[PDB]
> 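I have a PDB entry of laninamivir bound to Neuraminidase; a few questions follow.
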Protein chains: 4
Amino acid sequence: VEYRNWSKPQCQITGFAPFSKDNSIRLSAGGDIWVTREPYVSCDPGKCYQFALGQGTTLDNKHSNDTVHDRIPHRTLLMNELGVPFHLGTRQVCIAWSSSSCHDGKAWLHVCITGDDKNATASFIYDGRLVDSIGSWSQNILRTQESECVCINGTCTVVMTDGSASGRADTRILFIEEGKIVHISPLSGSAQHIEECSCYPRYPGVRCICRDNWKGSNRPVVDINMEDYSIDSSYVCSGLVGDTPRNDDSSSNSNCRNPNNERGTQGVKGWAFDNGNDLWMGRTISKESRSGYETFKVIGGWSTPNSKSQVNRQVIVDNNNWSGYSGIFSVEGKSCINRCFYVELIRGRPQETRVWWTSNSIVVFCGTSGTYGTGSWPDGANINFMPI
Amino acid sequence: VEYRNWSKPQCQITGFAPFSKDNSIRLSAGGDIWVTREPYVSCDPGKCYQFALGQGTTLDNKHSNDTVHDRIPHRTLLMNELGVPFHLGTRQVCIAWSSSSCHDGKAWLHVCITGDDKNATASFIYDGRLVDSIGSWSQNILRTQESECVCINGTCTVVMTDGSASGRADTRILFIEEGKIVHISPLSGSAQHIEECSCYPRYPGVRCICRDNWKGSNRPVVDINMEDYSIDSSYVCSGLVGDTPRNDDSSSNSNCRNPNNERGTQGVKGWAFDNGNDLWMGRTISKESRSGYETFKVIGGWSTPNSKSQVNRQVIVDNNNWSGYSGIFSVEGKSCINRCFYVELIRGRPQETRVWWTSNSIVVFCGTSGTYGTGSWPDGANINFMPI
Amino acid sequence: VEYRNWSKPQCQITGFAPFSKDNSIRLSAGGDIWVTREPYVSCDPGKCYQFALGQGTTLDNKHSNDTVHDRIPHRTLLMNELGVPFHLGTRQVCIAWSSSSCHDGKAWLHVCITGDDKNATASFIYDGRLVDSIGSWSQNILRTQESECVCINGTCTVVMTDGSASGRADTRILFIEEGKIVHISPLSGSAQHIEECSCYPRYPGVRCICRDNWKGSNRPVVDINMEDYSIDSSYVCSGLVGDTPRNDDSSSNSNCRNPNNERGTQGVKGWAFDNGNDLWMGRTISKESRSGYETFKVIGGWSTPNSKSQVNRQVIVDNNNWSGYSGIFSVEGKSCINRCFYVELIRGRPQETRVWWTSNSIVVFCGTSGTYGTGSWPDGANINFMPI
Amino acid sequence: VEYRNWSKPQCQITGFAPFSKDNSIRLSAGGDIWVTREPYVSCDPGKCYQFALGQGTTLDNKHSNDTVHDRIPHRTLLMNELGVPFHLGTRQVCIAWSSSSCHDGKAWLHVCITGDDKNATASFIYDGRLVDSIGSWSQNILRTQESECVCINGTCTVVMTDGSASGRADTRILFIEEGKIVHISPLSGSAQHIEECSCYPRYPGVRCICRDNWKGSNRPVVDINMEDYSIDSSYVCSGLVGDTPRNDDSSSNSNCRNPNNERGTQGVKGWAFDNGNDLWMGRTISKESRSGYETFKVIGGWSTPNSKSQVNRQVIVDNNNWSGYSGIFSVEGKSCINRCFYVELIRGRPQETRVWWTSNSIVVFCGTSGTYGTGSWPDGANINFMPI
Ligand SMILES: *[C@@H]1O[C@H](CO)[C@@H](O[C@@H]2O[C@H](CO)[C@@H](O[C@@H]3O[C@H](CO)[C@@H](O)[C@H](O[C@H]4O[C@H](CO)[C@@H](O)[C@H](O)[C@@H]4O)[C@@H]3O)[C@H](O)[C@H]2NC(C)=O)[C@H](O)[C@H]1NC(C)=O
Ligand SMILES: *[C@@H]1O[C@H](CO)[C@@H](O[C@@H]2O[C@H](CO)[C@@H](O[C@@H]3O[C@H](CO)[C@@H](O)[C@H](O[C@H]4O[C@H](CO)[C@@H](O)[C@H](O)[C@@H]4O)[C@@H]3O)[C@H](O)[C@H]2NC(C)=O)[C@H](O)[C@H]1NC(C)=O
Ligand SMILES: *[C@@H]1O[C@H](CO)[C@@H](O[C@@H]2O[C@H](CO)[C@@H](O[C@@H]3O[C@H](CO)[C@@H](O)[C@H](O[C@H]4O[C@H](CO)[C@@H](O)[C@H](O)[C@@H]4O)[C@@H]3O)[C@H](O)[C@H]2NC(C)=O)[C@H](O)[C@H]1NC(C)=O
Ligand SMILES: *[C@@H]1O[C@H](CO)[C@@H](O[C@@H]2O[C@H](CO)[C@@H](O[C@@H]3O[C@H](CO)[C@@H](O)[C@H](O[C@H]4O[C@H](CO)[C@@H](O)[C@H](O)[C@@H]4O)[C@@H]3O)[C@H](O)[C@H]2NC(C)=O)[C@H](O)[C@H]1NC(C)=O
Ligand SMILES: *[C@@H]1O[C@H](CO)[C@@H](O[C@@H]2O[C@H](CO)[C@@H](O)[C@H](O)[C@H]2NC(C)=O)[C@H](O)[C@H]1NC(C)=O
Ligand SMILES: *[C@@H]1O[C@H](CO)[C@@H](O[C@@H]2O[C@H](CO)[C@@H](O)[C@H](O)[C@H]2NC(C)=O)[C@H](O)[C@H]1NC(C)=O
Ligand SMILES: *[C@@H]1O[C@H](CO)[C@@H](O[C@@H]2O[C@H](CO)[C@@H](O)[C@H](O)[C@H]2NC(C)=O)[C@H](O)[C@H]1NC(C)=O
Ligand SMILES: CO[C@@H]([C@@H]1OC(C(=O)O)=C[C@H](NC(=N)N)[C@H]1NC(C)=O)[C@H](O)CO
Ligand SMILES: CO[C@@H]([C@@H]1OC(C(=O)O)=C[C@H](NC(=N)N)[C@H]1NC(C)=O)[C@H](O)CO
Ligand SMILES: CO[C@@H]([C@@H]1OC(C(=O)O)=C[C@H](NC(=N)N)[C@H]1NC(C)=O)[C@H](O)CO
Ligand SMILES: CO[C@@H]([C@@H]1OC(C(=O)O)=C[C@H](NC(=N)N)[C@H]1NC(C)=O)[C@H](O)CO
Ligand SMILES: *[C@@H]1O[C@H](CO)[C@@H](O)[C@H](O)[C@H]1NC(C)=O
Ligand SMILES: [Ca+2]
Ligand SMILES: [Ca+2]
Ligand SMILES: [Ca+2]
Ligand SMILES: [Ca+2]
């Protein structure tokens, strides 16, 4: 087996087609299913896997109470084949309240963070064994992507942040070979706050669209040079911005370089990718809450500041339904690299108070060069039918 | 591994022998089992798999209420080794309220349809990745076989329909290579309505026996030429007709060419196959409801219009028990290709109203050249023992 | 992979050592576990599997009521790796209320009998496909070994009986190559009634120790010549007889040739094997009921009529606990063939009437050339703790 | 596949990083999970597995009552991939109330002890078959490591004891090749009582840190020469002793040679390993009970009698939480052999009497040459939420 290089052109897509749905919450009402959040998808050269951070409990279980909280020692990284719900036979791959995983063509890398808020540990597990670890450098919630890392020619890269959630933080980009950290680069460029990067291979480098939790409702961009380890960063050009919260479309802005200072505080993990001058992106339908999910192409959204002409919109989850995090993953085809995305469908607290837990299901779409119709694929559970 | 060509003669059979039974509904009364309908079977070169469309819920689960409905966003294609019940570790292969699957000798193809009735999307997944998609062409419930597609020399074919369920519709035959649609041929010939084809390899081509939901209780036949993509169609000759509803045997007719206009509206998915001038077929025992199931050979049933001489009858499910959809699948043996079939055993609504759900189990038989006895192999659940 | 020839000498054993226990009934009180009976064990060249006839239901399930009955259409052959309890993910390999399975070194053969008492069907499934079938020849409960068949050089043999349970019956020995019946030999010799043979390879032939349900509490022997298909039969010489019911040790007899007419009617499946002039055998401890289980070597038990000197006794299940069927299986070692056995531990009806079901667990022992101690390994469930 | 030689240098470590956690008890409150104790971890050349002794029952099950007891016939060795909780699909590998397992590079060896206290049997299972067995030599609870054995060049060694738990006993070191005992060496050296050895490869030999249940709160050391089968033994030099119970640090002693006679009776399974003159070790935080868990390096802890200079302490489980047994396992990396350890987290009786059962979960850490922070990773179940 050979290392992945991702050295094919990006598939020319017309939009996205339905790929997977796990129905986790509906099933939790009649079966033993893990409580999770922060899911993502990543594929080895043959097949795709779904990941999520468990809460060390199933849903119909008194331990599900108060699982809205982000970090406990019992959170572990769950990994199943895509479409297999997180049942009790699910393997816990490592201890983690923040994680990233990727396959370099030969084996899986998992980056797993756990421990005290002020002094966390990131473990690097490769081909089923612990190879390296690093401790918190800013003593303030060391944290990473919550989606797939990217490997080119045996070197994988992952973005990690330590420091304030609402101010200048310390972001670093790690380069990892067979689980061993070989280089660490500081963030450089004009992005002012970076969290939860959704990264994809863009040979010969890697590109990430992230979350600015401080001053921007426009999404930061991080560009990683795999050859000399140099880093650059900026903001997505599109005037149709990707974060939540954000201003409405008529009053949102981005200049490609700075956070827009428009309802910039807080945010949600999301994604986007460039195609020439244009941009494919997803976002919540609601500008204030994690409700609904839509994708579209912005004409000039990559190259033209404040561009707002969109086309090829698709509703993924209608605005009467809860969404959550979303992220990108890439899949190598015969002659091109396709882009896919997942969206987290969060149920329970804080939005739905009949129950005491917080969990999620997922829905997954992949780029297509063919044609498609319309629909909406929400979580689908009836909150009144759930164990509280 | 090589592409399948199915280039062996058809096995000479004397009837069918018991092969598999999953007992899904009996088990659902004491375990967490998926609610499903529209099951089918298909084998890779090594082993057989059972498929079905989940309802995004288990049976003992409040979400099982009102699962009689055909199309919701939460339906997904389930896939297990044949004989493994749909428990919570079952993989959901794609999002689908209509589907077909087949293995070309190298990898699995799944065709999965979901979304809005008037604007559905068909996804084509090959070797674990989304390769193509197509949108609705008549804006009226794009739909496909609900049984295995057939591949010869790396080209797979699947029959799809869009348009009226009770009038002229738009049926097309897709040719697919490694997940990519390479050609689409319109239906041609004298079949006037085509749904839910049960197809089998008949080298060098493919033959399908389908459901006419409009004017015929005789089953349409679709012949597919894999070399030039040409299509022909007609109706099964046998005067013992295969649809439900239908006239009783003394007053049923087929002329091989036209729908018989005998209780033609509505129908059920079924199968038949030719052996020279003769026909092997199955059908429900009841002529008006999906109750019981029988198989038999009709002498001259392939070649002689209105032939009604049967022999080698076998009861599969006695008429005091519910059946449902049925379909064919083919299995390559050492020197010949065998024909097998499955029967969907529907329990719950609308026929049994003590419970609020609709689900099924399955029973499976394979052609034999040996001898056999008699029996009946129904679902076997006691409706009074079930969670409602 | 090559066909098995079993052409190594038999292991010299000093007794048996603990190998496996599944604890099915204890687990059934807190988990979804199949109701089964008539288990057995068989190994491919790499690993062992446990088999049993399911009753189409789990134990904590209203359908478990009245599972004391032997034959219903919902019984299927279950197959797991040895030591994996029959949970809901268990594969049902075929439809069967009587079965036998074996691996020829290349693939599995399953012989599965189901259908009407007076007209049953045996299906032969090889390498995952139905290859042959045969119908009842005496119209009276066609039935087979309920333990492993034996294959030498690609030809597998299995013993089947059709006819009276309490009088002359029609026993036949089938020879099967890759699932295809190639020859059928009538029983010959002096055994007067043959059921439920426990067979083992004894190169160049196969030897079976069976159950006489008519006139003998001494066990019949069937010898199968794999080269010319000839059959011989007689009775185990040992004066310590293996069936239940039977006379006490002081008044039991066997002459090697005829049924002993000592509490001969009824019986239980059991096993024995020869070592030179001596005999290793197991049996219930109770002479009248399926209670307890013991193994020992009878000096001259193979060659000397009415021999009663035993040595190397081991209690497997003490007499205060229920047992049931037992059978032999053989395992190829580096330089010899080992013999192992399982015993079925029956719980519920008819002996324990607090509950309405009948099920079993298993315990498994293997021949050893080493040393060992003592113990008792019964089912271990508390009938008062069970769902009724 | 080749035999393991473990012929690489030991990894230089700075401490330990989080590796795995199974959350067994939390999950048991909402799912069917095995009752277990005496867990351990061992890896084949590709991946790691978790083992434990089941109690033949799930936790939410009336049979979980009184599972504090050490030895019943229903205990079996469970084996899952590391991180997969012991659900109902878990394989029971053999019958055992004491065990050890290891992989020699080609196949798994399991050593399984069961039966009567005064006459137990040890079974040796290699590559899925029973190869050897040995009976009790002192008629007083034959028992072994409860952690991984170690194989070099096709010879596996395991430490077994028979005799008094509180006085002179009979300890022997077995040498095993493909499951067959080829040599047995008596314990030699100055260790006066040996139980539950935690062994690791230290090419060309094997080293074990054990439990003295009689006179020492310092841990015995056993050195095994794999070339001539010679044995040596002594006690860990460190004045910071590893057993529980023990004296406080100010008044604890070890002279490297004799048991210290400081709260020597009783004990708990634990581990340590050498790095030059220094010692890495773990122990409960409490000196009297199985509460808390800490690791640290003792400068001169291997070579300097009574050394008490520690550095690089890490809390693994804070002292407000229950621990239990702990043990070492070794993982071969690209250029070195790493050392890892697991901690058993015991819940229920005798410490927590709200419930009537005794079970455990596990947490697992691996050596790292990188950096790390702080935390505590206890079982995490709320005893008040548990089925009693
Ligand atoms: C059947 O399905 C197809 C495919 O999904 C669908 O065609 C699509 O329709 C949408 C909506 O009209 C198109 O996307 C739009 O493109 C225009 C530019 O041409 C944009 O202006 C639109 O954005 C505005 O309107 C949106 C609401 O529709 C707002 O949310 C947004 O803020 C803007 O105000 C939007 O991007 C899309 O291009 C086509 N896709 C293709 C491939 O043609 C079709 O309509 C469906 N038919 C029915 C009747 O369901
Ligand atoms: C033991 O099992 C065997 C094998 O299943 C069984 O033999 C079969 O019997 C049936 C019924 O007699 C045969 O099928 C019939 O064939 C005749 C032509 O020879 C047809 O006329 C029959 O059709 C008419 O009758 C049917 C009801 O039986 C009606 O439903 C139908 O509409 C027609 O009116 C029917 O097809 C079959 O050929 C044999 N099979 C073989 C291989 O011989 C046997 O009877 C069983 N024995 C017992 C006592 O159970
Ligand atoms: C520790 O375990 C060992 C191994 O299990 C055990 O040694 C065995 O003891 C039994 C019982 O004494 C021996 O089997 C006996 O052999 C004699 C002939 O030498 C027979 O006469 C015995 O049969 C008679 O007695 C039986 C009851 O014991 C009756 O059931 C039977 O009907 C006969 O009347 C019996 O076969 C066996 O040979 C040894 N095994 C070996 C290898 O030595 C030992 O006793 C155990 N120690 C203790 C004290 O538990
Ligand atoms: C963030 O995490 C890091 C890494 O875990 C942590 O650094 C570690 O701190 C501990 C505690 O200070 C160090 O271990 C100590 O080393 C000294 C020798 O230098 C020993 O004397 C200590 O033992 C004494 O004190 C213990 C209590 O701390 C007693 O239990 C013991 O009996 C002795 O009296 C102890 O071994 C360790 O070396 C460092 N690790 C590294 C690699 O630097 C750091 O403190 C954390 N920061 C915060 C604010 O949480
Ligand atoms: C399944 O859902 C149905 C429909 O919601 C439930 O029956 C309804 O109950 C409401 C309120 O009690 C009535 O007003 C409706 O008339 C009922 N609908 C029908 C068509 O009868 C039913 O209770 C649910 N079943 C279960 C087991 O919860
Ligand atoms: C198992 O089934 C039997 C038979 O139905 C049940 O026993 C019967 O219960 C019915 C219904 O109340 C009574 O009318 C009969 O008198 C009973 N028959 C006998 C033979 O006593 C039994 O209750 C069922 N067991 C369980 C646990 O449901
Ligand atoms: C677990 O088993 C114990 C022992 O049988 C049960 O406690 C006993 O209950 C009996 C009957 O009331 C008393 O007479 C004994 O004194 C109790 N034993 C002890 C040690 O207290 C207990 O009820 C069982 N637990 C559960 C949850 O069923
Ligand atoms: C603390 O909040 C951060 C993360 O935010 C959220 C959320 O749903 O918004 C979920 C995460 N949950 C987990 N990954 N477990 C957080 N991240 C962490 C490390 O808590 C945020 O990005 C600010 O730094
Ligand atoms: C709408 O009815 C169609 C299908 O019919 C039925 C039925 O049990 O008859 C089940 C399917 N259920 C699913 N495949 N989910 C339907 N087909 C669809 C696509 O709904 C029919 O063939 C007429 O067009
Ligand atoms: C009818 O009884 C026969 C079989 O006996 C028994 C038993 O526990 O004794 C279990 C079987 N149960 C199943 N195998 N299912 C039977 N065999 C059959 C075919 O019923 C007996 O050997 C006489 O013929
Ligand atoms: C009897 O106690 C021994 C073992 O003790 C412990 C314990 O938690 O301390 C658990 C074991 N439980 C199991 N291994 N099942 C015991 N060992 C046995 C064989 O009982 C001890 O080391 C003294 O000899
Ligand atoms: C869940 O925990 C909360 C907070 O501690 C408490 O207020 C509430 O009563 C609990 N709810 C349930 C369902 O037990
Ligand atoms: Ca923001
Ligand atoms: Ca019709
Ligand atoms: Ca008898
Ligand atoms: Ca001690």
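Chains: lettered A, B, ... by order of sequence lines. Residue numbering in chain A adheres to the PDB entry, whereby the residues present occupy positions 82-469 in order. Just so it is clear, chain B uses the PDB entry numbers, and the residues here are 82-469, in order. Going by the PDB entry, the residues shown for chain C are 82-469, listed in order. Chain D residue numbers are taken from the PDB entry; in order, the displayed residues are 82-469. Keep in mind that the numbers below use all heavy atoms, side chains included, and drop hydrogens, waters and symmetry copies. This deposition comes from X-ray crystallography, 1.8 Å. One-based numbering, in listed order, for ligands and for the atoms of each.
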> Report all copies of laninamivir by ligand number or chain letter.
ligands 8, 9, 10 and 11
> List the other chains with a heavy atom under 4.0 Å from laninamivir (ligand 10).
C
> Okay, heavy atoms under 4.0 Å: who's in the binding site of laninamivir (ligand 10)?
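Heavy-atom contacts: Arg118(C), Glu119(C), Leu134(C), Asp151(C), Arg152(C), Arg156(C), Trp178(C), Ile222(C), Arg224(C), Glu227(C), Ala246(C), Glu276(C), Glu277(C), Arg292(C), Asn294(C), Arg371(C), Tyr406(C).
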> For atom 13 (C) of laninamivir (ligand 10), what is the nearest protein heavy atom, given as residue, atom name and distance?
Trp178(C) O, 3.3 Å
> Specify the protein heavy atom at minimum distance from atom 9 (O) of laninamivir (ligand 10): its residue, its atom name, and the distance to 0.1 Å.
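Atom 9 (O) of laninamivir (ligand 10) sits closest to the protein heavy atom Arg371(C) NH2, 2.7 Å.
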> Relative to the heavy atoms of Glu277(C), which atoms of laninamivir (ligand 10) are at a distance of less than 4.0 Å?
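Counting from 1, the qualifying ligand atoms are 4 (C), 5 (O), 22 (O).
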> What atoms in laninamivir (ligand 10) come closer than 4.0 Å to a heavy atom of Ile222(C)?
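Numbered from 1, laninamivir (ligand 10) contributes 19 (C).
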> Got the closest protein heavy atom to atom 18 (C) of laninamivir (ligand 10), with its distance?
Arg152(C) NH1, 3.8 Å
> In laninamivir (ligand 10), which numbered atoms sit nearer than 4.0 Å to a non-hydrogen atom of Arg156(C)?
15 (N)
> Which residue and non-hydrogen atom of the protein lie closest to atom 24 (O) of laninamivir (ligand 10), and at what distance in Å?
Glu276(C) OE2, 2.6 Å
> Specify the protein heavy atom at minimum distance from atom 10 (C) of laninamivir (ligand 10): its residue, its atom name, and the distance to 0.1 Å.
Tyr406(C) OH, 3.0 Å
> Among protein heavy atoms, which lies nearest atom 11 (C) of laninamivir (ligand 10), and at what distance?
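For atom 11 (C) of laninamivir (ligand 10), the nearest protein heavy atom is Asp151(C) OD1, 3.4 Å.
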